[PDB]
*Asks:* 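I have a PDB entry of peficitinib bound to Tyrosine-protein kinase JAK1; a few questions follow.
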Amino acid sequence: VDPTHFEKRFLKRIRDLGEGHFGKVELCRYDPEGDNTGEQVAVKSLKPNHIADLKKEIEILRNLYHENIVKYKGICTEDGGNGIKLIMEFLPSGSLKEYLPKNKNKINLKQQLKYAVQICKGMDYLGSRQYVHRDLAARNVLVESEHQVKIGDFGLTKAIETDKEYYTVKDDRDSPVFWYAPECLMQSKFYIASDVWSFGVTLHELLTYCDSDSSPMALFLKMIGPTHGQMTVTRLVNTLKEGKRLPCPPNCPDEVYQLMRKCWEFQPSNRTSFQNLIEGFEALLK
Amino acid sequence: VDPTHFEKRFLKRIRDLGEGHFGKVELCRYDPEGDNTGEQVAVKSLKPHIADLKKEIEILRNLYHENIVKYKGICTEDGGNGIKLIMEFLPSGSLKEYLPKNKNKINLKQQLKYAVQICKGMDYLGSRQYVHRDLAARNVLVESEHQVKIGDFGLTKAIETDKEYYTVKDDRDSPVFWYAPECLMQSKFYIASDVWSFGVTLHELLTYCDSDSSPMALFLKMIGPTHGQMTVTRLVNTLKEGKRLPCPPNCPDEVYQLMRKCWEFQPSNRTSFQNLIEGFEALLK
Ligand SMILES: NC(=O)c1cnc2[nH]ccc2c1N[C@@H]1[C@@H]2C[C@@H]3C[C@H]1C[C@@](O)(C3)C2
Ligand SMILES: NC(=O)c1cnc2[nH]ccc2c1N[C@@H]1[C@@H]2C[C@@H]3C[C@H]1C[C@@](O)(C3)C2
C-alpha cells in the first residue's frame, strides 16, 4: 500500500472550505474502514485545461518542505481517467481571513509581526527554489496555531526559468489584481519582487485583521471608484503610476509602514527583499 | 573536490546586493546541507559580456591583499559558457550603505585609516599593472569598524608594459563625476586616473556618503543640473578652469590639501598612492 494514494470511494466530503471560479477546497474524511474513524484532510479539486495546472501544482507542493508551507499528504487519481485531486493537511483554524477577525483580542502587534516573519520565511524558501507564488494574500495563509502560520495555496505558482528574472503568464483572467505589482497588471510579468509587492498588501491585511471594510479591494475601489467594471485594472494602474498606495493601517508604527512602502516601489528592482523584511521585523521584535 | 568550484544546486539566492555594467551581484547561501546554515557568499553574474565577466574573474582570482575582497571561486555551467563569480560576503556592505548608519562609530581618525587601506589596496592593484576605473565609495566594502576592502573589479583593465595607460572603447556607462580630465577628454586611463578617483572617494568618505553632498550633486550645482548630453563637456570645461569639489564639513585643511593633490589637471603631476599613505600616516601619529 501507498499512504499517499487516496482512493475516491473512501474520500468522503464533509463541507466546503473555499472555492474559486475553476477550483475548490473541501474538508474530507478518508475513511477506508468505513466507520467514520479516518483522518480529516483538505482536498483540492477542479470544477467539472486546468488539469495540467493542478498536476503541476501537486508536483510543486509535494516537493516543498518548510514549516511555514502547508503539507502535501497525497493525491486521489480518477479511475475514469485524467482527473486528479490534491490532498493536504487540514488546519481547523482556517486562513487569516477567517481567523483574524475572530481572534483580535489574542493577536497583538508582536504576533502580527511574527506571522509576517513566518510568511517571509516561507516566501524566501519558495524564492530560493525559483518559484513565483503569484497569489500571496491573507486568504491563502493558514493558521496552524496561535503562534504559527503556513502558506496554504499554490494554484498559481510558477517556476522562473534558470538565468531569467521573470515568468510571463498567458492565462491571467482569475487574477487577484488588488495584490498585484504594476509589471504584473501592465505586462503580465512576474518577478520574485512581484511577490514582495504582494507581501506588502498581505502585511496591510494582517495589520487590519482582514477587516472587509479595510480590505485592499475596498480601499483601492474607494480611491479609483467602485463601479468602473472592465476599466478597473487600467484605473488601478494609473493610480499606482501616480504614486498612490494603500494608507498606513490604524495603530501601525511608521517603521512597519515604511517596510510596507519598500515592498511597493514602482520598479521591481527598487523593492526590498524577504530577507531584508525579516531583518527589519526582527529588529522591531527585539 | 575543488573548494573553488561551487555547485549551482547548492547556491540559494537570498537578495540582490547591487548591479553595474552588465553584471549583477547577489547574496546567496551555499547550502549543501539544505538547512540554511551554509556560508553566505556574494555571487556576481550577468543580467541575461561573458568575456568581460571571465576576465574580471581571472583578475580577482590572482589578487591577494587584506584590502581587496576575497575571491572564493566560480559556479560554472555544464556544456555552456555560463559562469558566476563567487566572493566573500561582507554583511556591513559598502561605505555608501554603512557610513550614513554609523557616523557615531566612525570619526576622522577612522576615516583616515580607511583612506590608507583604500590606498594600500589600490597600490597593490597598480603594482599588478591594472587600472581599476571605478573607484568610488559604493565599491569599497566594510569588513568591520576597523577595515575596508575594495569590492568590485567590473571595469578593471590591464595596462600594457611600456605603456602608461589603457585606451577605453566601451564607455557609455562611465562614472563621469569620479573621472579625471584625460579619461573624459581622451578615454585614456592611467594609474594617476585612479588617484583622481580616490580623491573623489575620499571626499565621499569624509562626507559620510551623504547623497545631497555627493560628487554628482556637488558638480551639478557648479555646472548646472539640466545640461543633458553636454554635461561631460561642461564638466571638462569647469575642471580646465581649476574648479574642484569643495572642502567637506569638518575636514581639516591638511586632509583637504592631500585631496587636492589627487586632482592636479595633468596625470603626470598627481600624487601617488604611496605618497598619500605617507601623508595620512603623518596625520595619524
Ligand atoms: N480551514 C480551511 O479553510 C483550510 C484548512 N486546511 C487547508 N489545507 C489546505 C487548504 C486548507 C483550507 N482552506 C483553503 C485555503 C484557505 C482559503 C480557503 C481554502 C482555499 C484557499 O485557496 C483559501 C486555501
Ligand atoms: N553587502 C553587500 O552589498 C556586499 C557584500 N559583499 C560583497 N562582496 C562582493 C560584493 C559585495 C557586496 N555588494 C556589492 C559591492 C558593493 C555595492 C553593491 C554590490 C555591487 C557593487 O558593485 C556595489 C560591489
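Throughout, a chain's letter reflects where its sequence line sits, starting with A, and its residues are numbered from 1. We use all heavy atoms of the structure for the numbers below, so side chains are in, but hydrogens, waters and symmetry mates are not. Both counts, for ligands and for their atoms, begin at 1 and track the order of listing.
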*Asks:* Going by heavy atoms only, which other chains approach peficitinib (ligand 2) to less than 4.0 Å?
*Replies:*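 By heavy atom, the other chains are B.
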*Asks:* How is the binding site of peficitinib (ligand 2) composed, by chain and residue number, at heavy atoms under 4.0 Å?
*Replies:* B:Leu17, B:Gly18, B:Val25, B:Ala42, B:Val69, B:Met87, B:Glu88, B:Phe89, B:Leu90, B:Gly93, B:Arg138, B:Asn139, B:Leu141, B:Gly151, B:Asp152
*Asks:* Taking UniProt's active-site residues in chain B, which lies closest to peficitinib (ligand 2) and at what least non-hydrogen distance (to 1 Å)?
*Replies:* B:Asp134, 6 Å
*Asks:* Of all the atoms in peficitinib (ligand 2), which lie at a distance below 4.0 Å from a heavy atom belonging to B:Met87?
*Replies:*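 By the 4.0 Å cutoff, the relevant atoms are 9 (C).
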*Asks:* What is the organism of origin for chain B, per the PDB?
*Replies:*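 The entry gives Homo sapiens.
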*Asks:* Of all the atoms in peficitinib (ligand 2), which lie at a distance below 4.0 Å from a heavy atom belonging to B:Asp152?
*Replies:*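 The atoms of peficitinib (ligand 2) under 4.0 Å from a heavy atom of B:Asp152 are 22 (O), 24 (C).
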*Asks:* What else, ligand or ion, lies under 4.0 Å from peficitinib (ligand 2)?
*Replies:*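 That would be none.
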*Asks:* Looking at peficitinib (ligand 2), does any of its N/O atoms fall within less than 3.5 Å of an N/O of B:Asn139?
*Replies:* yes
*Asks:* For peficitinib (ligand 2), which atoms have a heavy atom of B:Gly93 less than 4.0 angstrom away?
*Replies:* 1 (N), 2 (C)
*Asks:* Is there a polar contact between peficitinib (ligand 2) and B:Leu90, counting only N or O atoms under 3.5 Å apart?
*Replies:* yes
*Asks:* Quick one: which peficitinib (ligand 2) atoms are inside 4.0 Å of a heavy atom on B:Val25?
*Replies:*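 Once the distances to B:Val25 are compared, the set is 20 (C).
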*Asks:* With nothing but distance in play, are any N or O atoms of B:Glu88 less than 3.5 Å from an N or O of peficitinib (ligand 2)?
*Replies:*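 Min N/O separation from peficitinib (ligand 2) is below 3.5 Å for B:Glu88.
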*Asks:* Look up the UniProt domain of chain B holding most residues in contact with peficitinib (ligand 2).
*Replies:* Protein kinase 2
